[PDB]
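So for chain A, numbering is the PDB entry's, and the shown residues are 4-125, 127-261, in order. We use all heavy atoms of the structure for the numbers below, so side chains are in, but hydrogens, waters and symmetry mates are not. We count ligands from 1, going down the list as the structure has it; atoms in each ligand are counted the same way.
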Amino acid sequence: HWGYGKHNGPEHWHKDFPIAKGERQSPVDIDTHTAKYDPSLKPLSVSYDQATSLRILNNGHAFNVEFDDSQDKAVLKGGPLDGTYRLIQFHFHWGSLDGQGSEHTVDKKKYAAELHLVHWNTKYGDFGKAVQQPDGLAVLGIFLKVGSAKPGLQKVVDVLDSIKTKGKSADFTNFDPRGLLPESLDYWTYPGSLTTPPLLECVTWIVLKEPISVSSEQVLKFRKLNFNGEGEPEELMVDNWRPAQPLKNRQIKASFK
Ligand SMILES: NS(=O)(=O)c1ccc(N2CCCCS2(=O)=O)cc1
Ligand SMILES: [Hg+2]
Ligand SMILES: [Zn+2]
C-alpha cells in the first residue's frame, strides 16, 4: 500500500488514485509575487476556545490528534469560506532534515514541518460526506521552522513515546489547539486537495504566512516515530510530505496587501 518510500511514494500514487494527476492537486508552491491580494476576502475567524480533543493515533503515515466534532466547539469561518467548518483532527508532515518537511513551499522554500488543522463543512453532516464535495473541507496550514521551542506543542511531543508504531493510540484529552497558532492570521488561499491518498479534490487551503518556531529537540522526537507496526522492522517516520504539484491555472489569493 501507499507510503513515502521509493516503491510506494508520491510518484506511484496515481496508479491507485488517478486523481493524483488531477486539476486541483495539493500541495503547491506559493509564488508570493504571483499571489494577488483579495479585497472580497472576509476576516478569518478561528474559534478554538471550546475545543474538545479526545485521542492521538499513529496511522502509519503521520499522527492525528482527534477532536469531538459532534457540535460546533472548534470552528473555522470567514476568509474564503462560506458557512462553518468544524475541526476534526490535526497532524503534521515533517522531514528527515531541518531543510525539508513542509508540503507547501513559499517561493520554493521548504520549511522543517507543516501543521494541518483539518475542518469539514457542517452543511454536509459528517466528514465522510464532506469529502465527496468540492467545498467539503478546509485545511489551515501552518509552517514550522526550527528555533525556539513552542510551549503549546510540548504536550504533543511528550505523548509520542506512547504511540511509537502504526495503529497505536493514546488518550489525549484537554489539549488546546490555540497554543499552536502564530500571532498573525495573514494567509494565502487556493482550491486544492487532500495531500495523501485518496487525494480527493475537496479542500479550501488556507496557509498562514507566519510560521511557528519549534525547537530542535521537539522536531527530533517527531523523527523517532515509526511508519511500521510493532514487532516489524523499524522504518523511521520521516519525510512524510508530498512535493509541490502543478498549479494548473488556479490563482492563489492573499489576505494581506
Ligand atoms: N494532509 S491533508 O490534506 O490535510 C489530509 C487531511 C485528512 C486526511 N485523511 C482523510 C482520510 C481518512 C483520515 S485522514 O486523516 O487520513 C488525509 C490528508
Ligand atoms: Hg471533493
Ligand atoms: Zn496533511
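What binds ligand 1 most in this entry is, by the naming of the PDB entry, Carbonic anhydrase 2. The molecule at ligand 1 is the drug named sulthiame. By chain and number, the binding site of sulthiame (ligand 1) (heavy atoms under 4.0 Å) reads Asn67, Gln92, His94, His96, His119, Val121, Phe131, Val143, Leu198, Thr199, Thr200, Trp209.
Atoms of sulthiame (ligand 1) found under 4.0 Å from any heavy atom of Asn67 (numbered from 1 in listed order, with element): 15 (O). Of all protein heavy atoms, the one closest to atom 10 (C) of sulthiame (ligand 1) is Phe131 CZ, 3.9 Å. The active-site residue of chain A per UniProt that lies nearest to sulthiame (ligand 1), with minimum heavy-atom distance rounded to 1 Å, is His64, 4 Å. Set against the non-hydrogen atoms of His119, the atoms of sulthiame (ligand 1) under 4.0 Å away are 1 (N), 4 (O). When chain A is restricted to the residues UniProt lists for substrate binding, the ones with a heavy atom within 4.0 Å of sulthiame (ligand 1) turn out to be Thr199, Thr200. Ranking protein heavy atoms by distance to atom 3 (O) of sulthiame (ligand 1), first place goes to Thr199 N, 2.9 Å. Nearest to atom 16 (O) of sulthiame (ligand 1) among the protein's heavy atoms is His64 NE2, 4.1 Å. Residue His94 places at least one N or O, backbone or side chain, under 3.5 Å from an N or O of sulthiame (ligand 1). UniProt domain boundaries put most chain A contacts with sulthiame (ligand 1) inside Alpha-carbonic anhydrase. Regarding atom 6 (C) of sulthiame (ligand 1), its nearest protein heavy-atom neighbour is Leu198 CD2, 3.6 Å. Among the atoms of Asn62, none of the N or O lies under 3.5 angstrom from an N or O of sulthiame (ligand 1). Contact annotation for atom 12 (C) of sulthiame (ligand 1): protein absent (non-hydrogen atoms, distance under 4.0 Å).
Close approach of sulthiame (ligand 1) to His96 is summarised as follows: ligand atoms under 4.0 Å from at least one heavy atom of the residue are 1 (N). Counting only heavy atoms, sulthiame (ligand 1) sits under 4.0 Å from the following UniProt Zn(2+)-binding residues in chain A: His94, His96, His119.
For a threshold of 3.5 Å applied to N or O pairs, the pair formed by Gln92 and sulthiame (ligand 1) contains at least one separation below that value.
Nearest protein neighbour of atom 17 (C) of sulthiame (ligand 1), counting heavy atoms only, is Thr200 OG1, 3.2 Å.
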